[PDB]
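Structure containing peramivir.
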Number of protein chains: 4
Amino acid sequence: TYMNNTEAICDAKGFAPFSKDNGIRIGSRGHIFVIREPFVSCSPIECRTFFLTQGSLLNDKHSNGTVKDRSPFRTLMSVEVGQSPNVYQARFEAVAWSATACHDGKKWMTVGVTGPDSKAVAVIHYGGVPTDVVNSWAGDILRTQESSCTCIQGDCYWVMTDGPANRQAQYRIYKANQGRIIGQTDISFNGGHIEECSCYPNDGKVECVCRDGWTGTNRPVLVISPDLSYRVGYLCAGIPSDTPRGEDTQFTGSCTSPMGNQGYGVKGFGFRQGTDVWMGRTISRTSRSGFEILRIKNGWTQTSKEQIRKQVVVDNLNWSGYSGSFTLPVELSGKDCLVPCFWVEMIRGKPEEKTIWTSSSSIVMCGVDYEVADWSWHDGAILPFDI
Amino acid sequence: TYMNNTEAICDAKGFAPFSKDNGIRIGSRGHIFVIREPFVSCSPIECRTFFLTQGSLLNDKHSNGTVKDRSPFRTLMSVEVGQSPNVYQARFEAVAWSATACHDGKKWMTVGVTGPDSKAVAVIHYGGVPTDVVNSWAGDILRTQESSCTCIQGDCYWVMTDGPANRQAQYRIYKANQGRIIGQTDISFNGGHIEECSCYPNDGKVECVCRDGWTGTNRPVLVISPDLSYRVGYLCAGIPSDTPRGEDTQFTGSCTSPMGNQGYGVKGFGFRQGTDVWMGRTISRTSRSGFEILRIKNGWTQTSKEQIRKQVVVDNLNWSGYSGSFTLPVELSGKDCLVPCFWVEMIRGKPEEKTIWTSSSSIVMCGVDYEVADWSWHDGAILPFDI
Amino acid sequence: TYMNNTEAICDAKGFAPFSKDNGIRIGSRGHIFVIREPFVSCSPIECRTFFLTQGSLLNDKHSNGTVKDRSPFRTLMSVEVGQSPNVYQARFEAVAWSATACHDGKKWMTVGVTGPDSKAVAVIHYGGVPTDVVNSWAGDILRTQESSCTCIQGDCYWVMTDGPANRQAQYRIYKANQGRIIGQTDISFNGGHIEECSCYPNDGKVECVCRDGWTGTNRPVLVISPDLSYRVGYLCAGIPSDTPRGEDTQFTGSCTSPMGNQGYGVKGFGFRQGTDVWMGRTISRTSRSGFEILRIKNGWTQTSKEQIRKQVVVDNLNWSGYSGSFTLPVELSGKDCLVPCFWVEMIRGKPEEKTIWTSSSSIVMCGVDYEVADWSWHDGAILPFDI
Amino acid sequence: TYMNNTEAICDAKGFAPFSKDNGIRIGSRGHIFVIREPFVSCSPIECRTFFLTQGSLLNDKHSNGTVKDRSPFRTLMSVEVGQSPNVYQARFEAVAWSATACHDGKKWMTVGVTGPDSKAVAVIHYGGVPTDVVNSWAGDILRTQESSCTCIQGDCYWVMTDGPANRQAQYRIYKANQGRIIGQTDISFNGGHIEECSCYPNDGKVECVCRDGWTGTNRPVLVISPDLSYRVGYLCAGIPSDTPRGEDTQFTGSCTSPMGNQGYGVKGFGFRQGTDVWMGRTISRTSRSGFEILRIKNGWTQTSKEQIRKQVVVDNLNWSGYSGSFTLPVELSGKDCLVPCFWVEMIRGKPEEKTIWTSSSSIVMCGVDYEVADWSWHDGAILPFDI
Ligand SMILES: CCC(CC)[C@H](NC(C)=O)[C@@H]1[C@H](O)[C@@H](C(=O)O)C[C@H]1NC(=N)N
Ligand SMILES: CCC(CC)[C@H](NC(C)=O)[C@@H]1[C@H](O)[C@@H](C(=O)O)C[C@H]1NC(=N)N
Ligand SMILES: CCC(CC)[C@H](NC(C)=O)[C@@H]1[C@H](O)[C@@H](C(=O)O)C[C@H]1NC(=N)N
Ligand SMILES: CCC(CC)[C@H](NC(C)=O)[C@@H]1[C@H](O)[C@@H](C(=O)O)C[C@H]1NC(=N)N
């Protein structure tokens with residue numbers, strides 16, 4: 001029976017730790033896939049941690065240039081949330097250097113993008129077997145979320161990008177049912193840039209917080225209705241949640257356009273709470289270190305900078321990285337609303353550290369009705385490795 | 001359907017071995033999590049061994065200061081009772097440096113405590129997803145049992161401590177149903193000290209034998225009714241079952257107050273048998289070595305020192321450590337009463353041995369109608385390791 | 001309930017990647033069985049990757065003469081498609097240095113051939129237990145497909161060869177139901193040579209594309225009806241799809257006889273598409289390197305050389321090897337026709353490279369309605385190994 | 001529902017290979033438990049390989065004196081038949097240096113014997129939890145089968161020995177239902193010696209072929225009826241099937257008394273076939289090397305030495321060892337009779353080879369209606385190891 005994700009996202013006051021895999025630390029002696037871009041998605045029975053392997057393991061010579069983002073050895077795999085991305089407990093999902101996945105109440109759907117940069121192919125899987133495909137439509141690194149996709153009443157949706165990673169690119173919403181594509185839409189966002197959207201279900205619609213690697217330090221936002229009509233813009237909040245970025249005091253929000261000159265960026269997330277917003281970000285404003293989430297009153301609908309809550313999950317003396325959102329299935333939380341949860345990726349190795357490799361572990365946090373105390377659940381690995 | 005643990009604890013004459021994981025010995029070459037504080041808990045289908053990892057493996061550099069008790073890398077995981085705490089067979093439970101867990105007949109509930117010492121957070125899980133939380137209420141290492149919690153007719157109970165580990169601290173009983181907290185009580189025990197309670201179901205109530213790390217060498221006791229009313233005191237028996245402690249001859253029992261001057265201590269257990277009591281303890285009275293369990297006639301209700309039975313499980317030439325209780329589900333034992341079972345933790349490494357690490361394995365014993373012969377099922381590992 | 005594989009094979013325009021195990025690369029540090037001859041077969045619930053181990057692991061001395069094709073240590077095992085052939089996730093199937101396997105809708109059937117070269121024995125398994133046997137009938141390396149067998153409405157069929165690997169040999173079709181042999185037929189093919197047939201279901205009959213290691217560079221073909229009547233010949237197409245072979249321009253097809261002088265060969269596959277054919281082959285015409293599949297119009301019924309589609313899966317700068325076919329169960333693809341899928345084996349080590357061992361990994365591709373772009377999903381391992 | 005093992009044992013003409021684990025060869029680099037005494041037993045759904053670990057792994061220092069037969073680190077574990085006794089796929093069964101196990105149609109029952117030599121304890125398990133116990137009754141190494149026990153219509157039976165391993169000892173039959181002992185009988189066999197019985201179901205009764213380590217070179221036999229009445233004697237056959245032993249020509253059989261002077265011995269098996277018998281034995285008559293099984297006409301009821309069939313499974317240039325019997329459940333073989341199957345243990349290391357350790361792998365064979373060709377599926381490991 002299809003999973004009903006039609007409920008509203010629960011209003012949360014704080015965040016509690018769900019899991020921590022300790023992938024790298026274990027990888028010093030255990031058999032762990034060198035990885036990157038991990039994310040969480042849950043079925044009505046369990047939550048899994050998806051990740052992009054590099055076809056090699058930690059502390060092995062094949063972990064050499066594992067910073068190259070894309071290769072034909074890159075594969076999407078999964079384990080139960082909390083377990084390291086070890087070989088022996090892993091489930092194979094798809095061949096990919098970019099991916100997304102989600103359960104529709106009956107089975108798992110995954111989308112792995114691989115192939116050559118100018119004509120990549122996204123293979124859609126459902127039930128452990130390819131079922132449909134999307135070919136590059138702009139011919140320039142067809143890619144996707146790097147976080148959980150969203151399924152509402154049997155239908156699943158996700159966003160893909162194809163084109164430059166700086167100047168204007170192209171963006172689409174895809175809709176599928178049982179692994180078969182049944183709809184797509186072109187997102188008009190002239191001047192705006194969308195990458196690695198972090199999405200979740202809310203009041204029957206798909207809400208995402210993405211990344212603008214062109215000119216904005218504030219994150220793009222889009223609300224997707226099942227029919228495929230949408231709303232694109234930026235997190236109104238007058239606090240920039242991307243990295244790199246500038247000071248908050250010198251920032252001016254906008255729900256319509258990108259602000260700041262900073263070009264690059266990093267995947268991030270955000271949850272709407274009525275008119276408010278829970279927004280995650282690295283503590284360092286120039287680097288991928290530390291991690292905190294702030295709740296801004298009216299932050300979702302106005303250029304507000306009023307902070308009602310702040311919780312640290314990784315201090316600034318430790319490397320962070322990607323971070324995305326997902327929700328707990330009602331069939332597991334017992335609650336009457338979708339529990340918002342996010343994960344934070346913690347990168348170790350190049351380009352910041354003295355190693356031939358690059359990989360990451362993660363920490364997962366979830367909704368909760370109380371305010372939780374600050375702390376640092378960092379990676380903890382001691383670099384460099386025996387190599 | 002909920003597990004009925006309303007029956008009385010079976011009267012046992014001796015104890016038979018259930019399992020032995022050989023974690024450390026295997027860990028010399030296999031991929032085993034460095035651990036500490038292991039315990040057993042059973043569902044209607046199987047018994048599992050829960051443990052606190054240190055986010056690292058044996059014979060790896062990350063096992064360095066693994067004696068520090070608390071860190072943000074510490075996680076609660078589980079395996080089927082008897083298997084070593086190896087990476088590839090482990091299930092992730094919670095992020096924690098202190099924990100408890102138990103099955104209610106439908107699912108597993110676990111409680112992991114992590115965070116900073118002054119404002120720690122206990123995340124409650126049910127079904128593999130966080131469901132509720134308890135924040136530090138005394139702001140000084142919020143902690144729990146380190147042994148199986150207790151579920152009776154759908155409701156599960158457990159004890160937590162928050163405050164100093166020497167002088168007076170504070171103690172509470174928590175009650176939950178389906179992962180949602182629905183009750184709590186403050187335990188008044190002025191002059192007494194409660195830590196790491198070992199609990200089990202008996203005649204419809206929760207009975208625990210705990211640890212007084214303040215001034216007592218005899219163990220605190222509390223009988224918890226489902227409504228949350230309780231009874232707190234000490235094991236009446238005139239034989240001190242804590243470590244360190246003094247001679248038995250020079251000991252005077254008390255069901256009301258702590259006796260002896262010895263400050264420190266070690267987690268231990270005890271089972272009521274009508275008016276009698278099966279009490280476990282290290283053979284050495286000053287160190288954590290050896291292990292034996294004694295049955296004292298009328299030992300539960302009087303300052304009795306009459307020994308009717310004595311069985312050794314670990315001789316005094318071998319290191320022991322923690323030990324807790326749990327019961328076999330009627331749906332597995334086929335019996336008509338709850339079969340009492342305990343486990344003994346065997347510590348290797350610091351602070352007693354020449355290693356950079358600290359970890360432990362275990363041996364599990366269970367009820368049984370006959371007297372079992374003495375022996376030593378010790379750890380067996382050859383220290384030091386390649387390091 | 002029996003799996004209905006009575007439908008026609010879907011008409012495909014291109015092929016999308018299903019999986020890539022990265023077995024060798026992982027094997028540099030992980031615990032991977034040295035293997036050879038891998039293949040895919042699917043049940044109504046999942047697809048598995050079967051393989052022939054050599055009773056040893058990569059980067060271990062026992063991988064020494066692992067090029068010898070046959071030994072008493074060789075065993076057939078399986079894992080879910082996409083996982084490396086690692087120890088801890090493997091299911092034991094049969095003792096064998098030659099094999100075939102397939103699911104009939106209720107259980108898995110496997111056929112492992114082992115024993116001495118002059119009187120080998122094929123043990124048939126069904127449900128994880130031997131059920132029947134076939135003894136060598138020609139007394140000269142009794143062998144089979146090295147690819148998925150075919151089950152139609154409860155009955156499974158496969159082809160075996162017994163006799164010389166150069167000059168004329170003998171060939172048979174075997175039929176079984178629930179692991180019990182219930183039929184066999186002798187294939188008269190005087191002048192022709194059949195080895196390692198790659199088969200699949202089509203319009204209610206078993207269609208195979210095999211290997212002629214005697215004198216032909218074009219592949220033998222046989223259409224098997226459930227009653228055991230058959231049709232034997234060669235892929236009509238005027239393009240030689242075996243290796244080694246000569247130029248295409250200098251080739252003349254034939255649906256009746258072997259063409260070319262080239263003796264040796266390599267396992268390959270082919271799918272009928274109405275009158276057309278999708279045929280796989282190594283790019284190099286002299287060596288086992290690179291891999292591409294071509295669609296020849298009318299290629300199945302005429303000596304046609306008209307290429308309508310060409311897709312590369314492994315470039316010529318990388319080693320390839322065996323390749324076979326299998327189909328997706330309707331109960332997984334949701335489609336109304338059998339989705340054609342193939343796999344390509346990529347050999348590393350002897351006799352082409354500087355290693356004491358020989359093994360291989362694989363890449364799996366599947367049907368799909370669109371044309372997919374060229375690329376190379378090669379092995380990726382860095383030889384030689386620590387040895 | 002209880003497994004019906006009331007049928008007669010199928011008449012077999014030859015034996016086909018079921019599995020081969022390659023435990024030692026894999027153990028050169030993989031994580032394999034050093035073991036000894038392996039055996040096979042099947043449930044209505046699968047066959048498993050039980051084994052006695054030594055609490056340590058191959059190629060690790062803890063494998064040092066692993067020849068000592070008994071220690072408190074010895075544990076009984078299992079895996080699916082065919083898989084090596086690796087850490088990550090193993091199920092914990094019991095603490096033991098001697099064991100037996102079998103499925104009754106509903107669950108697994110195992111019996112592990114551990115403790116001190118003078119007062120050992122046999123813990124009986126059913127469903128993964130201890131359920132009953134047997135204490136040493138002679139106080140001298142209480143021990144059991146080292147092979148599969150036998151369950152007929154819900155009841156399981158097995159044989160235990162307690163006393164000297166040379167001169168007269170004591171022997172009993174145990175009967176249990178759902179893990180609870182409900183019967184036992186003393187076997188009067190004055191002058192005879194019974195050890196490690198290999199048993200199987202036949203025409204509703206339990207038939208075993210055991211080992212006389214006192215004075216006989218021929219094997220003891222006992223037919224056990226469910227009511228516990230029995231028949232004890234020796235394999236009538238005039239061919240000695242124990243090791244060491246003397247020439248066959250100089251042997252005189254007896255169904256009543258032990259023959260030959262040879263003292264020691266080795267576990268072996270035998271299947272009745274009407275009046276005939278399939279008997280296994282090492283090829284060497286003085287050492288534990290090679291393995292063959294012979295069918296002797298009328299061999300079960302007369303001092304017959306008429307050989308109708310002979311099949312080799314391990315040549316004399318390779319080490320063998322223990323060997324026991326088990327039967328395939330009708331619910332798996334689809335047949336109408338119990339399929340007889342045996343396993344052969346192959347010892348490597350001390351006392352015959354230059355290693356600090358001792359362990360073994362195995363090969364499993366099964367019934368079958370045809371005669372199978374001779375061959376050698378030996379261990380294949382290259383000793384010594386890195387140590
Ligand atoms: C070129 C476009 C980039 C996205 C903004 C790039 N995406 C892909 C598919 O390569 C990401 C980016 O280079 C890396 C990062 O910013 O950390 C990860 C990297 N993502 C992945 N390797 N999956
Ligand atoms: C500071 C309070 C102590 C309890 C009496 C302390 N508990 C915690 C949560 O740190 C324990 C104690 O220091 C150690 C021991 O006595 O062996 C284990 C240690 N327990 C854990 N690391 N889980
Ligand atoms: C001698 C006949 C050959 C088939 C044409 C030979 N088959 C067997 C059972 O040994 C194959 C051949 O030598 C190897 C190859 O061509 O790659 C694989 C090899 N196949 C296997 N080892 N399973
Ligand atoms: C002392 C009695 C012996 C049986 C005849 C002895 N049994 C036990 C429980 O120790 C066996 C014997 O010494 C060894 C062998 O013959 O190979 C195995 C050994 N068996 C086991 N270690 N389980």
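Just so it is clear: chains get the letters A, B, ... in the order the sequence lines come, proteins before strands, and each one is counted from 1. All values below come from the heavy atoms of this structure, side chains included, with hydrogens, waters and symmetry mates left out. Structure determined by X-ray crystallography, 2.2 Å. When a ligand or atom number is given, it counts from 1 through the structure's own listing order.
- Lab note: main contact partner of peramivir (ligand 4) (name per the PDB entry) = Neuraminidase.
- Going by heavy atoms, the other chains that come closer than 4.0 Å to peramivir (ligand 4) are D.
- Remark: atom 5 (C) of peramivir (ligand 4) lies closer than 4.0 Å to at least one protein heavy atom.
- Within the 4.0 Å heavy-atom criterion, neither part of D:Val113 lies near peramivir (ligand 4).
- Proximity annotation for atom 23 (N) of peramivir (ligand 4): of D:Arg36, D:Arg143, D:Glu146, D:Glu146 comes nearest, heavy atoms only.
- Heavy atoms of D:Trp214 found under 4.0 angstrom from peramivir (ligand 4): none, in either backbone or side chain.
- Residues of chain D that UniProt gives as binding substrate and that have a heavy atom less than 4.0 Å from peramivir (ligand 4): D:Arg36, D:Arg70, D:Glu195, D:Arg211, D:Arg288.
- Contacts between D:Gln54 and peramivir (ligand 4) below 4.0 angstrom, taking non-hydrogen atoms only, are absent altogether.
- Considering only non-hydrogen protein atoms, atom 1 (C) of peramivir (ligand 4) sits nearest to D:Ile141 CD1, 3.8 Å.
- Protein heavy atoms are found inside the 4.0 Å sphere centred on atom 21 (C) of peramivir (ligand 4).
- For peramivir (ligand 4), the polar-atom distance check finds no N/O of D:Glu196 at less than 3.5 Å from any of the ligand's N/O atoms.
- For atom 13 (O) of peramivir (ligand 4), the nearest non-hydrogen atom of the protein is D:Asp69 OD2, 2.8 Å.
- Considering backbone and side-chain atoms together, D:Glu195 places no N or O closer than 3.5 Å to any N or O of peramivir (ligand 4).
- Among the atoms of D:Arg288, some N or O lies under 3.5 angstrom from an N or O of peramivir (ligand 4).
- The contact residues of peramivir (ligand 4), taking heavy atoms under 4.0 Å, are given as D:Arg36, D:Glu37, D:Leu52, D:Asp69, D:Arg70, D:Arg74, D:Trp97, D:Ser98, D:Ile141, D:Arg143, D:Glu146, D:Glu195, D:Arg211, D:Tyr264, D:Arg288, D:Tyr322.
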